[PDB]
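Here's Cereblon isoform 4 with S-thalidomide bound to it.
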Amino acid sequence: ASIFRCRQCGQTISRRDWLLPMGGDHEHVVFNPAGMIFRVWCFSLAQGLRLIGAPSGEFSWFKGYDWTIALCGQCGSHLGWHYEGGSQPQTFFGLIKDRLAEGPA
Ligand SMILES: O=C1CC[C@H](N2C(=O)c3ccccc3C2=O)C(=O)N1
Ligand SMILES: [Zn+2]
């Protein structure tokens, strides 16, 4: 249990070693304006995503960061968001925990 893959298709996405404690915890539970709850795991790094459009600050869960939707680059599943335009770190990924599968490298 060291790498994270897209639950829907198996695309390689991230690694346990790349988890990022933002504000003291890599896990943040948040809601969007439609009331959907997301258990977000922050990672310093991810791969195999497709980042959609240009960044927006609207409703951002992380102060100082603008977001872009991150889809699985293979199957198009919404896996989370890429955050940028902030400070220490400038960028990171917030991925929806239950949309990933964890397993051996
Ligand atoms: O940091 C974030 C990422 C974007 C996220 N987001 C949503 O998941 C969403 C769904 C529908 C309409 C508008 C939004 C919105 O800004 C949100 O609420 N905060
Ligand atoms: Zn996928």
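Numbering starts at 1 and runs along the sequence shown. Whatever order the structure lists ligands and atoms in, that order sets their numbers, starting from 1. Structure method, as recorded: X-ray crystallography, 1.7 Å.
Tracing S-thalidomide through the model gives ligand 1.
In this structure, residues within 4.0 Å of S-thalidomide (ligand 1) (heavy atoms) are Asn32, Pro33, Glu58, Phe59, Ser60, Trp61, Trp67, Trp81, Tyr83. Here the heavy atom of the protein found nearest to atom 19 (N) of S-thalidomide (ligand 1) is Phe59 O, 2.9 Å. Remark: S-thalidomide (ligand 1) atoms within the under-4.0 Å shell around heavy atoms of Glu58 are 16 (O). Below 3.5 Å of separation, one finds no N or O of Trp81 facing any N or O of S-thalidomide (ligand 1). Atom 7 (C) of S-thalidomide (ligand 1) is approached by the protein to below 4.0 angstrom, counting heavy atoms only. Closest to atom 10 (C) of S-thalidomide (ligand 1), if we only count protein heavy atoms, is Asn32 ND2, 3.5 Å.
Close approach to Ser60 involves these atoms of S-thalidomide (ligand 1), each under 4.0 Å from a residue heavy atom: 1 (O). In this structure, the protein non-hydrogen atom closest to atom 14 (C) of S-thalidomide (ligand 1) is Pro33 CD, 4.1 Å. Atom 17 (C) of S-thalidomide (ligand 1) has as its closest protein heavy atom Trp61 CZ2, 3.4 Å. For atom 12 (C) of S-thalidomide (ligand 1), the nearest protein heavy atom is 4.0 Å or more away. From the protein, the heavy atom lying nearest to atom 1 (O) of S-thalidomide (ligand 1) is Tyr83 OH, 2.8 Å.
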Between S-thalidomide (ligand 1) and the protein, which N/O pairs are shorter than 3.5 Å?
from, atom 1, to, atom 2, distance (Å)
S-thalidomide (ligand 1), 1 (O), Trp61, N, 3.0
S-thalidomide (ligand 1), 1 (O), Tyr83, OH, 2.8
S-thalidomide (ligand 1), 8 (O), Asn32, ND2, 3.2
S-thalidomide (ligand 1), 19 (N), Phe59, O, 2.9

